[PDB]
Every structure is written in structure tokens, then in C-alpha cells.
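DNA gyrase subunit B in complex with clorobiocin.
By convention here, the first residue in the shown sequence is residue 1. Every number for a ligand or one of its atoms is a count from 1 in the order of the listing.
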Amino acid sequence: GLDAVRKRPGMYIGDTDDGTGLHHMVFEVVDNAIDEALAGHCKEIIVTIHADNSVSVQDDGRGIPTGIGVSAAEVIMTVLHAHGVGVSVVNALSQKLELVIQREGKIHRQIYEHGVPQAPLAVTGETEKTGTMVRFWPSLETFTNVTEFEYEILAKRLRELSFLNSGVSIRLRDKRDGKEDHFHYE
Ligand SMILES: CO[C@@H]1[C@@H](OC(=O)c2ccc(C)[nH]2)[C@@H](O)[C@H](Oc2ccc3c(O)c(NC(=O)c4ccc(O)c(CC=C(C)C)c4)c(=O)oc3c2Cl)OC1(C)C
């Protein structure tokens, strides 16, 4: 797993030099979010392009199962297959990834670096909401040439996903210039 995806990134995520793979990192995370909506638990997904060239995806689904050794969420984030290659591949190809889960009345947080957790999933507070939030900074040792996220590419796929999932609200936000969109087609 981990190490092997790192050694041959292209085979799993696509062209690492023309931007195809870069944007598909985002799509893989969104697809995971889409599932929680297809399951009948998620109603709105928010995708954000931060000014430090990172992307975050948040939803209001159940939240990735926590609790145990390692929590079920850590297994999902670090074990290959524990088009959809998983967040585990996205995590291994990110120089930094931030994971936040709201489930069973608690706020859980964890940081990853090139797929390795700096520490175990920790509880940092109470909450009465549920949902998952993943924010990742693409590894510049893997991705070359096109290294910055393009809004139009994201907007194009997010719209098609909206039409194929009538009912789920999808919002796109660019913090680099204030652009924003809301897809909710019929
Ligand atoms: C990357 O994660 C994805 C999710 O991505 C996301 O939700 C996601 C990623 C990024 C963003 C913003 N959203 C989403 O694809 C999808 O979600 C599921 C898919 C199935 C279940 C499920 O059967 C439940 N039933 C339980 O009783 C339960 C309780 C304890 C427990 O140990 C397990 C087994 C553990 C796992 C991980 C299935 C199940 C439940 O409670 O929750 C689930 C969730 Cl949250 O699959 C993941 C593998 C967990």
C-alpha cells in the first residue's frame, strides 16, 4: 500500500504532470462524500479551494466510524482499498492532510503527513452535529508542472455530479478571489 502508491503515483491517480491527477485527488474525496448522500445521510457537500493551494471537502453525513489499537477511521485513511481509489491514496499523495469528524457527540481531529499520522485520532471537544471534513495539501514531490487547482475544472465535474444526484446540495468556493457556486439541479 502506502509506499507502493508513492513509488508509482501515476498508476493510481493519473497523469501527475498535466493536472489530470491533481484534480482527481479532489474528485476521489468528493465521491466518498457523494456516497454518504446516496446512503440517505448527507444533504449538502461543501468544496473549498483555500489560498494556500489546498482543498477541503465537508459534508453532513454520519461521519467516518471512530473508536477502536487504531480507530476504524485510521484504517480507512491508511490501508489501500480497506475509478474510486479511495481517500487512502489521496492521503499518501498529500504532503499534509487534515481530518475532522463529528460523530457520537464529539469532535475528532488528526493530522497526516505523506500518509503517516503524526498522532492517534484525538478527541478535542463536544458537538451535537455529525459529518466529515478532509483538507489536503498536494505533495509537490509527486505533482509537477500544473500544481495549482483550477476552479473551472472543479465546477465542471461538480455540476455533472449535481445532475446525477438530484436532491444533494453542492457548493463550490474559491477563497483566492471570492468565486462561489451552488449546484442543485432539479
Ligand atoms: C472515507 O470514508 C468513507 C466515507 O467517506 C466520507 O463520508 C467522507 C470522506 C470525505 C468527506 C467529506 N466525507 C463514505 O464514503 C463511506 O461512509 C460510510 C460507509 C458505511 C458506514 C456504515 O456501514 C455504518 N454502520 C455502522 O454501524 C458502523 C459502526 C462502526 C463501524 O466500525 C463500522 C465499520 C467501519 C467502516 C469504516 C465502514 C460501521 C456507519 O455508521 O457509517 C458508515 C460510513 Cl460513514 O465509507 C467510508 C469508507 C467510511
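Proximity of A39 to clorobiocin (ligand 1) is not established, as no heavy-atom distance is less than 4.0 Å. Using a 4.0 angstrom heavy-atom cutoff, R103 counts as in contact with clorobiocin (ligand 1).
Here no covalent bond joins clorobiocin (ligand 1) to a chain. In the entry, the organism recorded for chain A is Escherichia coli.
An N or O contact shorter than 3.5 Å links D59 to clorobiocin (ligand 1) by distance. In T132, the parts holding a heavy atom less than 4.0 Å from any atom of clorobiocin (ligand 1) are both the side chain and the backbone.
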